[PDB]
A.B. asks: 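For reference, this is Kanamycin nucleotidyltransferase solved together with neomycin.
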Amino acid sequence: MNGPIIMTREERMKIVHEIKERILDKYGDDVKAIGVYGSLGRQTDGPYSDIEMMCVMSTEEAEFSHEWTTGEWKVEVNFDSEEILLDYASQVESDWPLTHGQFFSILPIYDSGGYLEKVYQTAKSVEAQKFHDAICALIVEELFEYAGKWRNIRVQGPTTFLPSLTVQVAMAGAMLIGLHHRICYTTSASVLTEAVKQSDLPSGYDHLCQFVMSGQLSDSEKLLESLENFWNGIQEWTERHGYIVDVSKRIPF
Amino acid sequence: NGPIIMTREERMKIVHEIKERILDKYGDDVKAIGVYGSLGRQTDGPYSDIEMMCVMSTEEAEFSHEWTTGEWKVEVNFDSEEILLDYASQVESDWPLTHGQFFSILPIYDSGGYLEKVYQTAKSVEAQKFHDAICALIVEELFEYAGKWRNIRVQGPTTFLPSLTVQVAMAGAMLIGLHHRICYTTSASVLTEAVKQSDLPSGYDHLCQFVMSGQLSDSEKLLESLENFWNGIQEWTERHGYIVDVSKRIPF
Ligand SMILES: NC[C@@H]1O[C@H](O[C@H]2[C@@H](O)[C@H](O[C@@H]3[C@@H](O)[C@H](N)C[C@H](N)[C@H]3O[C@H]3O[C@H](CN)[C@@H](O)[C@H](O)[C@H]3N)O[C@@H]2CO)[C@H](N)[C@@H](O)[C@@H]1O
Ligand SMILES: NC[C@@H]1O[C@H](O[C@H]2[C@@H](O)[C@H](O[C@@H]3[C@@H](O)[C@H](N)C[C@H](N)[C@H]3O[C@H]3O[C@H](CN)[C@@H](O)[C@H](O)[C@H]3N)O[C@@H]2CO)[C@H](N)[C@@H](O)[C@@H]1O
Ligand SMILES: Nc1ncnc2c1ncn2[C@@H]1O[C@H](COP(=O)(O)CP(=O)(O)OP(=O)(O)O)[C@@H](O)[C@H]1O
Ligand SMILES: Nc1ncnc2c1ncn2[C@@H]1O[C@H](COP(=O)(O)CP(=O)(O)OP(=O)(O)O)[C@@H](O)[C@H]1O
Ligand SMILES: [Mg+2]
Ligand SMILES: [Mg+2]
Ligand SMILES: [Mg+2]
Ligand SMILES: [Mg+2]
């Protein structure tokens, strides 16, 4: 295969409706709804964009996907029962701002009973405690661990890992901001650009992203200084907004 | 103040305190306790964290405790024997990054060779699972990455190119690790160990130099390096028989 080729929006929609016809032929009355998400669902797909579709099934324990390429383009179709999809849409993980824009993206092509609207309503009505818990977990599970990794790099290397680690920290900060503002990023390319347009950023985040977005990640000393400043801004930011975790016990169970 | 400097001896004081707490709370439901990660290999650095794994007799047991004291951080995983053995034999795209855990285990408590059984399962995974994982990685990740950087070339934004290049270099390291059935030591050594492997895809080493040095500001040279690597993938997969099915427009 020659990799992804240039395709028009008209050609991608022709593939979508061919897939819709095959889905309806194969699964029949078990198909509750079919939608397009991603850049094609918003009709902002570029020349090399891929195709992603979702399907709501009546069958229980239905949870499978077909993801393939023809050599020229690539398609991903997810099949989930209504209960599995609604449960997934109301769970807030650390990468929620990156995954759950799909449920604010849906272009319905087939819907037998407002199922896609019910999915959208569920995803947008998640109670605030779930975001609070996810933010506190993100600090412990990812950010604290990253700080140990770059502090280890400072004292024992290797600096060849620092550029990759810096990108990962900037992405983790984008998740932190996305959970706080309850915004889902449009595409992977817009994660950092949209994260730095949000108000009330932790101190040092925008400066750190400037290194990552510009690609100037060769000055290891300035990166470590930028990472520590971001880490300091995190601790001030979390206390100011009340994302406080009790850390007083050596063993909390 | 973030993670503080700690010695290996101090980390082993914490490991054995947690072991006693696990045995007191869960009692006879504990089959085995081990340390993995850098502490399990006894190569932990001054700021390294602590990760432990526990084998439980309780059916469907699958939970974790992950916390910080403000000075250090600990993660303890609790899994039933069946859940752990199934996970140890399952090969995902990030297998070379995740499953070194099962080649790291420092046993602390074991009532019946359970940690050794997990180790045997992880090292005896069927070769076909790596073949399938490689083909899936190409379709699900690398092909998607190629579309993203080709979109960047024609419409931007180049502000995503440095992060995307890091992700492609990491994916290529997973590809090499899956082919050689090797698990990387730590996340910091993934790229350095990946370029020391024999039979790399053409263009991979050149792409990794940009990522390891941090020189990711030349968007034109990065896009050229990415295309060469992408071209080298097709020669590489054909050479090893990692053939991707492209015959169906709709494969269901
Ligand atoms: N434990 C055995 C198996 O683990 C799986 O989860 C795997 C994976 O999702 C999970 O990843 C978890 C995350 O989720 C969680 N939100 C934060 C946590 N730090 C992270 O932990 C993992 O990633 C860290 C680096 N970022 C590593 O330092 C750490 O040692 C590693 N356990 O760790 C597990 C592998 O170690 C499944 N739970 C289940 O199939 C089974 O229980
Ligand atoms: N479908 C609803 C839910 O999706 C979950 O999976 C989520 C996630 O793991 C999964 O990620 C899958 C991977 O796995 C698979 N190995 C490659 C595939 N490209 C990727 O797809 C996802 O990541 C891509 C970006 N790299 C996106 O382009 C794509 O739109 C997105 N669906 O996509 C889902 C979120 O979009 C669970 N399967 C299940 O809880 C339930 O089915
Ligand atoms: N790593 C990720 N994992 C899961 N979903 C993601 C994701 N990154 C982005 N998304 C969500 O899944 C949708 C499609 O993801 P992608 O195909 O990776 C980029 P896109 O938004 O479709 O534009 P593009 O493919 O033309 O570049 C996004 O619109 C977004 O809602
Ligand atoms: N994303 C990931 N998911 C699951 N396991 C991972 C993982 N990344 C690395 N690992 C596994 O979990 C172990 C511990 O991971 P980490 O704590 O993140 C780095 P380490 O190997 O312990 O050295 P360090 O903590 O001193 O930096 C790794 O050795 C590896 O076996
Ligand atoms: Mg897309
Ligand atoms: Mg996609
Ligand atoms: Mg560790
Ligand atoms: Mg760890």
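We name chains A, B, ... by the order of the sequence lines, and we start the count at 1 in each one. Whatever order the structure lists them in is the order used to number ligands and atoms, beginning at 1. We read in the header that X-ray crystallography, 2.0 Å was used to get this structure. Atoms considered below: every heavy atom in the structure, side chains included; atoms not considered: hydrogens, waters and symmetry mates.
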A.B. asks: Quick one: which ligands or chains are neomycin?
C.D. replies: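 Every copy of it sits at ligands 1 and 2.
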A.B. asks: Mind listing the other chains that have a heavy atom within less than 4.0 Å of neomycin (ligand 1)?
C.D. replies: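 Chains with a heavy atom under 4.0 Å: A, B.
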A.B. asks: Identify the binding-site residues of neomycin (ligand 1) using a heavy-atom cut-off of 4.0 Å.
C.D. replies: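 Sure - by heavy atoms, that gives A:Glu141, A:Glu145, B:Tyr36, B:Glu51, B:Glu62, B:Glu66, B:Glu75, B:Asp79, B:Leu84, B:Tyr87, B:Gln101.
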A.B. asks: Backbone or side chain, does any N or O of B:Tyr87 fall under 3.5 Å from an N or O of neomycin (ligand 1)?
C.D. replies: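 There is no such contact.
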A.B. asks: Checking a contact table here: which protein heavy atom is nearest atom 23 (O) of neomycin (ligand 1), and how many Å away?
C.D. replies: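 Result for atom 23 (O) of neomycin (ligand 1): B:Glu75 OE1, 4.9 Å.
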A.B. asks: I'm curious, what organism does the PDB give for chain B?
C.D. replies: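 It's listed in the entry as Geobacillus stearothermophilus.
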A.B. asks: Quick one: does atom 14 (O) of neomycin (ligand 1) have a protein heavy atom under 4.0 Å from it?
C.D. replies: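 Looking at atom 14 (O) of neomycin (ligand 1), one finds that no protein heavy atom lies closer than 4.0 Å.
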A.B. asks: Distance below 4.0 Å between atom 11 (O) of neomycin (ligand 1) and any protein heavy atom?
C.D. replies: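 There is no protein heavy atom less than 4.0 Å from atom 11 (O) of neomycin (ligand 1).
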A.B. asks: Can you pull out the closest protein heavy atom to atom 36 (O) of neomycin (ligand 1)? Residue, atom name and distance to 0.1 Å, please.
C.D. replies: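 Heavy-atom neighbour on the protein nearest atom 36 (O) of neomycin (ligand 1): B:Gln101 OE1, 3.2 Å.
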A.B. asks: Kindly indicate whether atom 28 (O) of neomycin (ligand 1) is approached by any protein heavy atom to under 4.0 angstrom.
C.D. replies: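 Yes, at least one protein heavy atom sits under 4.0 Å from atom 28 (O) of neomycin (ligand 1).
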A.B. asks: Can you tell me the protein heavy atom closest to atom 1 (N) of neomycin (ligand 1) and the distance?
C.D. replies: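 Answer, as residue, atom name and distance: B:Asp79 OD2, 2.8 Å.
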A.B. asks: List every atom of neomycin (ligand 1) that sits less than 4.0 Å from any heavy atom of A:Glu145, numbering the atoms from 1 in the order shown and giving each element.
C.D. replies: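 Neomycin (ligand 1) atoms under the 4.0 Å threshold to A:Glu145: 25 (C), 27 (C), 28 (O).
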A.B. asks: Could you find the nearest protein heavy atom to atom 39 (C) of neomycin (ligand 1) and give me its residue, atom name and distance?
C.D. replies: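 Closest protein heavy atom to atom 39 (C) of neomycin (ligand 1): B:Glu62 OE2, 3.6 Å.
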A.B. asks: Taking distance alone, with no angle check, do B:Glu51 and neomycin (ligand 1) share an N/O pair under 3.5 Å?
C.D. replies: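 So neomycin (ligand 1) has an N or O lying under 3.5 Å from an N or O of B:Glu51.
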A.B. asks: Which protein non-hydrogen atom lies closest to atom 16 (N) of neomycin (ligand 1), naming both residue and atom, and how far is it?
C.D. replies: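 Scanning the protein heavy atoms, the shortest distance from atom 16 (N) of neomycin (ligand 1) goes to A:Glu141 OE1, 2.7 Å.
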A.B. asks: Distance under 4.0 Å to a non-hydrogen atom of B:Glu66: what atoms of neomycin (ligand 1) satisfy this?
C.D. replies: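 Heavy-atom distances to B:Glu66 below 4.0 Å select 17 (C), 18 (C), 19 (N).
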